[PDB]
Amino acid sequence: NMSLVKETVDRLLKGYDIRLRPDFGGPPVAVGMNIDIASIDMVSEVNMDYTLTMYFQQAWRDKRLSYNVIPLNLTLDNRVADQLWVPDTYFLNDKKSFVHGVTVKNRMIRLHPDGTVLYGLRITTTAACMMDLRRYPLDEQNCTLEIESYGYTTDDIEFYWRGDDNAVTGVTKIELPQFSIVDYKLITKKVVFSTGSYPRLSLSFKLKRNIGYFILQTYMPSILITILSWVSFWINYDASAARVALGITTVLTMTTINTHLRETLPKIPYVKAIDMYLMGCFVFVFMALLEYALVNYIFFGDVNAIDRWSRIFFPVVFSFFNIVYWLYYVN
Amino acid sequence: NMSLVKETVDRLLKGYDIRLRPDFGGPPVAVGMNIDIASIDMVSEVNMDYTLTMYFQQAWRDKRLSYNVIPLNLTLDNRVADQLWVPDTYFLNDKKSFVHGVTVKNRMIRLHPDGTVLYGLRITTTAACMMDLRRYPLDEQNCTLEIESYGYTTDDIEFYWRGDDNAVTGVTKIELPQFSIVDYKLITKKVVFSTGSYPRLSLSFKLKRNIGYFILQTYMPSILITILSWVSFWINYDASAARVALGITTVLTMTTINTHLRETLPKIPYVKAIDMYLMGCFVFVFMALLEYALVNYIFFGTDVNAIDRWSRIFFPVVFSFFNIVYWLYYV
Amino acid sequence: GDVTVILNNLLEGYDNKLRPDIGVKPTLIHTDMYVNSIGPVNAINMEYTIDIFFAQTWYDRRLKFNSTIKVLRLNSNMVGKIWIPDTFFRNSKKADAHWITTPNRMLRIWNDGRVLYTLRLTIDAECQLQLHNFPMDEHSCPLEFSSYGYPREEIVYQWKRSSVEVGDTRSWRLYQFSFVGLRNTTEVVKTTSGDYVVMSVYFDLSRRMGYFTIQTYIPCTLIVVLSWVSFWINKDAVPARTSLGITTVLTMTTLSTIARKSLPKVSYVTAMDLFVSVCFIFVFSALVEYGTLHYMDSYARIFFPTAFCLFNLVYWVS
Amino acid sequence: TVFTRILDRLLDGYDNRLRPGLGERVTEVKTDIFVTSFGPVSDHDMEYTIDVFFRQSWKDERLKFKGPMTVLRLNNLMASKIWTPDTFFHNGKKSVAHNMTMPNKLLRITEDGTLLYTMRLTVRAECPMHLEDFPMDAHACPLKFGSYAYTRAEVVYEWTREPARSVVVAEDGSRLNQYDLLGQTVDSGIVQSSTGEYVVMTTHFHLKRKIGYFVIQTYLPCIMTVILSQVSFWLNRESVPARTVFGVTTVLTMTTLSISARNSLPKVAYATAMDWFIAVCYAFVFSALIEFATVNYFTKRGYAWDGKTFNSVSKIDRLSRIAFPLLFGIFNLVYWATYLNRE
Amino acid sequence: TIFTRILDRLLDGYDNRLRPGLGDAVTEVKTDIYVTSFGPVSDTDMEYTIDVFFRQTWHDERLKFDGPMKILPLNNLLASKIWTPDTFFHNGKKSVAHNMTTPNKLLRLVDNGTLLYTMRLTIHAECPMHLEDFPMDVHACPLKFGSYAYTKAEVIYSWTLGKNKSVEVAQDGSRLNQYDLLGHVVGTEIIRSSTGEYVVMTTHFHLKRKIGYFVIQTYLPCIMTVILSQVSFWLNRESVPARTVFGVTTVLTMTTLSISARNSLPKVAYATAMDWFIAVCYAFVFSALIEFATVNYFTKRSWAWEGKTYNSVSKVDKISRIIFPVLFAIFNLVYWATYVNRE
Amino acid sequence: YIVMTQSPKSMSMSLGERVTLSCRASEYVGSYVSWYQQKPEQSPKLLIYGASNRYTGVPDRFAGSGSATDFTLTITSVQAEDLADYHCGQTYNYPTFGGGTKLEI
Amino acid sequence: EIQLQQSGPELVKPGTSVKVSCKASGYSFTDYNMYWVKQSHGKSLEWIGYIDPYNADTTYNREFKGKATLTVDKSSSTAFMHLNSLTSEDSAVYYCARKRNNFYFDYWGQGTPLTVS
Ligand SMILES: CCCCCCCC(=O)OC[C@H](COP(=O)(O)O[C@@H]1[C@H](O)[C@H](O)[C@@H](OP(=O)(O)O)[C@H](OP(=O)(O)O)[C@H]1O)OC(=O)CCCCCCC
Ligand SMILES: *[C@@H]1O[C@H](CO)[C@@H](O[C@@H]2O[C@H](CO)[C@@H](O[C@@H]3O[C@H](CO)[C@@H](O)[C@H](O)[C@@H]3O)[C@H](O)[C@H]2NC(C)=O)[C@H](O)[C@H]1NC(C)=O
Ligand SMILES: *[C@@H]1O[C@H](CO)[C@@H](O[C@@H]2O[C@H](CO)[C@@H](O)[C@H](O)[C@H]2NC(C)=O)[C@H](O)[C@H]1NC(C)=O
Ligand SMILES: CC(=O)[C@H]1CC[C@H]2[C@@H]3CC[C@H]4C[C@H](O)CC[C@]4(C)[C@H]3CC[C@]12C
Ligand SMILES: CC(=O)[C@H]1CC[C@H]2[C@@H]3CC[C@H]4C[C@H](O)CC[C@]4(C)[C@H]3CC[C@]12C
């Protein structure tokens with residue numbers, strides 16, 4: 001059995017031309033792609049990308065690799081892959097990706113009697129994802145993985161999902177620290193460059209931000225700072241040291257919070273939804289400080305009436321601002 | 001004519017023993033060196049190294065690579081370097097270095113008819129430079145690149161700057177964000193190890209630190225916070241809360257500036273010039289706080305006003321004298 | 001020499017692509033480890049480095065040799081010429097063998113055809129830390145490894161009698177964790193390509209709370225005590241009471257922020273976050289208590305410490 | 001061409017896979033280290049970087065030659081063609097063998113077959129540190145190395161010169177920022193493993209941490225915070241906002257100082273010497289706050305002294321003015337005498 | 001198998017070390033670039049990253065063939081078997097040639113002999129920025145490339161389509177978070193070097209820094225700090241602790257906002273336009289604190305208004321209330337106009 | 001150089017009784033300490049190389065151990081042939097042998 | 001069986017030099033260093049110097065620096081020690097030792113009594 005299998009594999013690689021694709025000069029070679037996503041390590045909004053680990057499998061028919069003498073599926077070792085033609089598949093979004101190499105190259109070759117070649121790779125990709133953070137952190141980002149052939153046009157290679165919706169699996173078990181995969185969509189198109197038209201598979205993950213983390217980290221501190229700034233309205237007007245210290249502490253704290261959260265995010269030029277909320281809270285605390293300044297200028301430069309109306313106006317209009325904000329965003 | 005060049009080159013590489021140096025078993029081969037500095041960016045004190053990009057060219061005579069039939073200088077592809085003997089040059093300070101690879105390995109090989117070989121590399125090297133930061137930021141750092149042959153003693157190889165001071169170019173056109181290359185010197189040495197005596201070239205840059213930045217970010221906030229502390233002397237002694245608030249917040253703010261700045265630097269044991277100036281400013285502000293504590297112990301233990309008035313003008317005077325002595329030492 | 005001719009005969013006609021007994025029976029491979037040192041557990045990235053002498057033994061019928069030499073001990077130079085199982089670590093985010101001064105790989109072949117193949121690996125394995133009770137959290141970190149291409153019908157792994165040779169745990173780089181226990185298992189996982197045998201080394205590790213008691217809990221508790229100090233201060237001292245309250249609340253927020261930077265971006269509340277939030281409630285309630293007083297103090301002086309210690313007991317029990 | 005012919009004869013029939021004297025004797029490897037620069041010690045990872053010319057010398061009768069030259073000096077490309085010891089560092093962690101411009105390794109074959117195979121390495125070796133005495137600690141960081149596949153019956157390691165004189169550190173190689181390399185002591189032992197007994201050459205570099213950085217960074221700010229807590233004692237009692245700000249400031253400052261002290265260290269479950277120093281300093285400042293509260297309880301009159309009754313200077317403050325500096329100075333003397341005098 | 005026989009006929013005797021027309025003519029390398037994505041710009045490191053399909057076209061008479069197909073799209077691997085230009089980027093700090101799943105290159109061999117060699121690259125190029133009007137700055141970041149070893153007598157680079165036409169940009173290919181790619185101007189120069197004179201193809205990408213980010217993070221906080229400081233002008237004359245803490249807090253805020261504004265910048269001693277704005281805001285807050293000190297100097301009654309002489313509202317403070325805002329407003333108008341109008 | 005000191009310069013042990021020697025080094029000598037036997041008018045004979053290891057062809061009764069500095073050699077039972085002078089030498093640095101100890105009856 | 005054969009006892013008066021040889025046969029001479037030791041009557045053994053036979057690199061004792069000259073003969077496979085400016089203090093017995101490695105001296109010489117008066 002050993003000698004027969006060795007002879008057959010020797011016969012297959014004898015005269016094999018790695019440079020020419022299956023049916024070179026004939027119809028396009030159909031390559032089916034299946035993916036099993038093992039983990040999405042992180043989603044770096046700072047670098048506008050996501051790190052995804054996957055079992056990327058591609059199967060295709062090569063008549064030169066068809067054998068009949070032995071009735072089984074020769075699952076050869078990984079190092080034979082370098083001696084066979086494989087699709088020159090690449091990822092458009094890929095900034096930095098690597099195939100693992102412990103204890104060997106994490107790779108699989110499995111030739112079938114009919115000629116079908118099952119080629120597996122274990123790949124970690126840092127795929128670019130240009131996020132639209134206008135609604136952040138209430139945002140849903142459809143980050144994409146654009147699988148495309150580099151050198152071979154649609155006249156030379158054709159892609160498809162072997163199983164229009166079963167070709168991608170393992171998404172449901174994915175654990176994201178700060179996201180939840182609401183959906184995944186598989187599509188195939190053709191993209192034209194100056195060099196020619198190429199086939200393109202696109203795997204799109206509709207990631208939905210987990211708001212809980214940002215509730216603890218961003219919204220609750222802002223709310224508590226604003227609420228504590230409202231405490232100034234209950235303190236008597238002849239406590240200028242305490243009133244001004246309280247107001248200035250509130251304004252400074254919101255300034256630090258704004259700068260701190262913006263340091264944790266990329267240097268974007270457009271105002272986010274968190275930025276709208278922070279600006280609203282800033283306006284409220286700053287208007288509380290100016291409220292005390294107005295009380296002072298009226299008494300030194302009636303007063304209890306202004307404080308009384310402040311005590312109810314600020315929470316009421318701030319709650320209406322909250323409701324409008326959420327209904328605009330959460331609903 | 002291309003066939004003639006092809007046959008000539010294949011003749012040169014036929015039988016060529018990469019193991020042996022030119023004139024193996026004879027006099028040492030004279031290896032000249034010229035460098036075009038492309039950048040000396042990212043001078044790092046925290047890592048005690050500097051990243052230097054250069055077009056390191058070394059020229060040497062190899063009788064085996066001499067041809068007379070072609071009157072032009074044959075510039076061959078970079079991949080031929082792997083088939084030719086190259087000096088085992090290494091940079092004794094090199095923590096981490098790489099030869100650029102895009103689009104191809106950035107090497108150069110140019111065989112001249114007389115046998116000279118011009119071997120050029122585009123090298124990025126993070127060379128080690130132990131910085132005596134006792135005068136930092138008013139310091140002049142003598143960083144060096146120690147070029148040396150690893151395995152070949154002075155009886156087997158010889159170095160020289162090809163062109164004396166004209167062997168190194170591009171130094172004057174380097175713009176460093178935080179430095180100015182006031183001078184660079186080219187030294188030839190012979191360093192003796194247990195293994196033997198080796199030839200050494202040293203390219204030493206005397207990098208003078210541009211003080212304007214450090215004045216902008218470090219010195220002026222310190223001075224302004226000292227003047228801010230001096231504001232305490234013009235406030236009436238009865239205003240305990242205000243004066244202590246000012247002196248406390250200024251002492252704290254200078255301690256915090258000291259710690260943050262020292263965080264950005266390596267954990268060195270000796271006091272730096274920035275440290276000496278910051279400690280002096282700390283002493284001035286702390287003595288202002290102790291000045292209020294003096295007038296508070298005396299009042300709560302006309303005369304009280306006297307210390308205020310005397311300190312008001314004496315503190316600027318003594319601080320200016322401290323500046324004068326400090327800068328004269330360090331300027 | 002004798003050994004050179006024996007080894008030359010062993011590789012002559014040797015097909016490195018084909019497993020032992022391909023198409024005849026599954027190749028039984030026994031795996032025994034020796035953990036040099038478990039590296040630092042990176043809870044932020046949910047991964048832990050581990051250094052191991054991973055040794056796997058299999059019977060190859062082509063590598064049997066009869067001679068006076070009982071075993072051939074060889075360097076890494078041989079590893080590339082013979083069939084090695086394509087073992088890969090499923091939860092390995094990144095890994096690399098050691099290549100200094102030479103490849104850290106040992107090969108040894110017995111006369112009966114048995115092959116011992118060992119190598120030193122630094123594996124940055126993935127461990128999904130559920131940080132709900134952090135820093136009182138115990139984790140059972142696995143290290144799964146399997147053949148990438150050979151199904152259960154072709155490669156099988158069974159633990160050897162010396163399954164794991166746990167090293168001296170004192171030299172281990174576990175700063176917050178204490179190696180609690182060793183567990184191991186073998187299972188069969190059905191993949192798209194086929195069924196594969198998976199062997200998982202469960203290291204049971206318990207975190208130590210001392211570092212966090214002094215790093216986080218003690219500072220927060222002292223800040224709560226500072227808020228309590230406000231009650232003893234005279235109420236008439238409005239700047240003093242207000243300054244103490246606002247300073248405590250602000251610095252509590254700062255501590256929570258810096259703590260949240262050292263933690264992963266998890267979409268839940270960790271124990272640490274729960275206890276800093278309850279401390280926030282305490283200090284903020286002190287601030288509102290002074291607010292109410294200006295617009296009771298004696299009752300606060302007694303109530304606040306009692307409530308805090310009661311919460312501490314409930315917290316430690318939980 | 002003659003030297004090429006000699007090298008061809010050396011590699012003609014040479015078996016890279018077999019050690020010298022296989023089946024005849026143990027292969028003795030005499031090893032040397034010239035530390036070109038003792039690289040920075042990373043306390044956070046309990047590892048240290050060291051740049052070395054790691055020399056090895058062993059006799060290989062296969063590489064005996066007779067020619068015009070007694071010592072063939074050769075580049076790294078020949079080294080890959082011959083058997084070299086499979087040496088590795090038992091506590092190594094992500095070392096690098098430098099490649100620029102060429103592989104920084106020399107080979108020299110003497111006519112008697114003796115080899116001299118040196119390589120320039122940057123090795124990040126693990127140094128387990130017991131930081132109880134930190135920052136006054138002293139660490140004997142080891143560098144254990146030996147064969148990976150060859151047992152003591154196969155390959156034995158030796159020092160080429162006297163063990164004291166077989167590890168030489170360059171005069172100007174000290175890249176230590178907060179450490180002082182006192183010296184090195186070497187030894188040779190045996191390690192029992194699942195595969196067999198292995199000869200292990202150990203060299204301990206004795207490092208003494210330089211306390212200056214922590215003096216400026218931690219001890220002086222802590223002491224100044226304590227003194228800032230005591231100026232509150234010297235201040236009058238009636239300035240309740242003043243002393244309240246002072247004490248709360250000192251406590252919060254000591255909190256951030258404590259955190260800044262910890263994050264500079266690798267995580268550990270035990271308290272270091274600086275942790276105890278900070279704990280006592282925190283006790284002093286918190287005691288100052290408690291003292292302020294105590295005197296504030298007895299502050300009968302809120303109005304301050306003017307040049308109507310008046311508050312008398314608090315007795316507790318007067319005793320504190322002497323007690324706190326005396327207790328703190330005695331504590332400093334005890335602490336520094338306890339740790340500095342230690343070997 | 002027909003194409004295999006053709007391929008082995010155009011590689012036998014093909015010395016890939018030699019140039020096309022070497023010793024007979026220059027090689028025109030007609031170059032094109034398709035910017036798949038203009039990566040982010042790192043102002044701290046004065047460099048930008050760009051992802052490009054770098055297309056090179058050149059005529060190689062050795063590879064002309066006659067066969068059934070007029071063009072051979074071959075596997076990336078064959079690219080290494082034939083001569084290619086040694087193109088390198090003169091300002092490329094650290095570029096990456098992507099190779100996952102396989103080398104991302106294509107090699108189309110046309111019947112006449114023309115080669116279309118393309119490859120996906122991520123290029124980290126050095127863009128020297130002159131940050132004086134920062135953040136209202138515009139940079140013409142270059143992308144210079146050319147042969148590394150071959151002189152102008154050996155290789156000359158030209159644009160296939162023509163200036164501007166040649167260098168395309170994908171419509172959605174823009175990863176500039178904070179810049180705006182106004183356009184590009186393609187040029188070509190000859191640079192002198194120690195080894196010869198080299199043709200260098202330059203393409204300057206004009207990037208306009210969007211000021212919204214720095215407006216939100218620096219200018220609005222600074223303006224609000226100034227306005228915070230003038231709130232103290234509207235505060236009471238006789239309230240010394242309140243206006244003192246106001247002034248000191250605003251000055252401390254401006255210290256932290258100057259240092260924070262300068263952390264984002266690279267460490268250069270240009271005193272950028274942000275530094276000028278921050279300096280004038282610093283002057284305003286410091287003058288506010290000085291004004292409060294000046295008023296406090298003449299504070300004599302030291303009792304705020306109630307309902308027994310009372311301090312009259314300060315004339316200095318009244319004048320400050322109106323003068324400071326107006327002068328700061330006209331300051332803003334002058335500075336914004338001067339920087340916005342200039343290029 | 002390194003100074004080696006042997007405390008019991010002379011001791012008498014009854015035949016068949018366990019006898020233990022001692023050897024001190026001025027500073028660190030590691031495990032590099034050897035014990036040698038010198039009978040009257042004969043050259044030294046190695047007994048215990050390294051801190052603990054025993055040379056080939058030596059009776060099992062000889063056995064020794066030591067720390068970095070202190071060292072000890074113990075004979076399980078003295079024999080008539082065992083009467084001789086015992087030296088301790090070190091090879092961590094340049095050789096320097098100790099005073100030596102003599103055994104009688 | 002390695003046996004280091006030294007020369008017999010020497011009779012000499014003060015102020016003249018002597019040469020004492022040491023011949024090894026079992027092991028190859030060049031492989032390992034050769035050490036010379038002198039034990040004064042009823043005293044501890046005293047190291048005088050060693051010579052690496054292959055390249056004749058020699059190292060001496062500071063006390064004996066310049067008093068003893070160590071040489072080797074590859075062909076004769078013999079190590080020679082030349083003592084100069086003899087005095088009454090020199091009277092002692094010399095041995096030559098073989099250093100197998102830096103753990104022990106494997107074999108020793110028979111001993112060459114030096115007599116001076
Ligand atoms: C740095 C900014 C400030 C630098 C300005 C530095 C210029 C400067 O030093 O001001 C001096 C003077 C101070 O006047 P001041 O602020 O103290 O206001 C009144 C003034 O002192 C009267 O003289 C006092 O009455 P009297 O007669 O003593 O009995 C009165 O007290 P009272 O009797 O009611 O109880 C005070 O309230 O103000 C000006 O002349 C107009 C300058 C406008 C300056 C505005 C320019 C911005
Ligand atoms: C996130 O963005 C990607 C961008 O690629 C979206 O991919 C696009 O998805 C739509 C909807 O499935 C595709 O439309 C398709 O059009 C063809 C006709 O060409 C039609 O036959 C299909 O039924 C489908 O409607 C589109 O081709 C596809 N690709 C693009 C726009 O380049 C993705 O859908 C987005 N995320 C989600 C959750 O939609
Ligand atoms: C690793 O796993 C195996 C079983 O999963 C353990 O060894 C087996 O233990 C069972 C239960 O006692 C026995 O019935 C088997 O006979 C054992 N195997 C053999 C080959 O004897 C093994 O102990 C585990 N490793 C540990 C606990 O360290
Ligand atoms: C009348 C009154 O109640 C007083 C109370 C507080 C005062 C404001 C402080 C901040 C100022 C910043 C700028 O200088 C422009 C004017 C500005 C907005 C002031 C307007 C008048 C106010 C509202
Ligand atoms: C007389 C006087 O002005 C008083 C006012 C403030 C007082 C100092 C405060 C801090 C103290 C720290 C230590 O306890 C040592 C003594 C120490 C320096 C004190 C000396 C006497 C001072 C200067």
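By convention in this document, chain letters (A, B, ...) are assigned in the order of the sequence lines, proteins followed by strands, and residues within each chain are numbered from 1. Every number for a ligand or one of its atoms is a count from 1 in the order of the listing. What you see below is based on every heavy atom in this structure, not just the backbone, and it leaves out hydrogens, waters and symmetry mates.
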- request: Report, by its name in UniProt, the chain making the most contacts with ligand 5.
  value: Gamma-aminobutyric acid receptor subunit alpha-1
task: Look up the drug at ligand 5 and give its PDB name.
output: brexanolone
- request: Return the chain letters whose heavy atoms come under 4.0 Å from brexanolone (ligand 5), other chains only.
  value: B, D
Site of brexanolone (ligand 5): non-hydrogen cut-off 4.0 Å: B/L290, B/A293, B/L294, B/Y297, D/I227, D/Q230, D/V231, D/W234, D/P325
query: Any idea which protein heavy atom is nearest atom 11 (C) of brexanolone (ligand 5), and the distance to it?
result: D/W234 CZ3, 4.0 Å
field: Organism of origin for chain D (entry)
entry: Mus musculus
- request: Flag atom 5 (C) of brexanolone (ligand 5) as yes if some protein heavy-atom distance to it falls below 4.0 Å, otherwise no.
  value: yes
query: What name appears alongside chain B in the PDB?
result: Gamma-aminobutyric acid receptor subunit beta-2
Atom 8 (C) of brexanolone (ligand 5) [closest protein heavy-atom partner, distance rounded to 0.1 Å]: B/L290 CD2, 4.2 Å
Shortest protein heavy-atom distance from atom 9 (C) of brexanolone (ligand 5), along with the residue and atom involved: D/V231 CG1, 3.6 Å
Per-atom contacts of brexanolone (ligand 5) with D/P325, taking only distances under 4.0 Å to non-hydrogen atoms: 14 (O)
- request: Around atom 3 (O) of brexanolone (ligand 5), find the nearest protein heavy atom and jot down its residue, atom name and distance.
  value: B/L294 CD2, 2.9 Å
message: Out of all atoms in brexanolone (ligand 5), which are within 4.0 Å of some heavy atom of B/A293? Include the element for each.
response: 5 (C), 6 (C)
Interfacing atoms of brexanolone (ligand 5) (cut-off 4.0 Å, heavy-atom, D/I227): 10 (C), 12 (C)
- request: List the transmembrane segments of chain D, numbered from the N terminus as UniProt lists them, that have a heavy atom under 4.0 Å from brexanolone (ligand 5).
  value: 1, 4
- request: Considering heavy atoms of the protein only, find what lies nearest to atom 1 (C) of brexanolone (ligand 5) and give residue, atom and distance to 0.1 Å.
  value: B/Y297 CD2, 3.4 Å
message: With heavy-atom distances below 4.0 Å as the criterion, list the atoms of brexanolone (ligand 5) near D/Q230.
response: 12 (C), 13 (C), 14 (O)
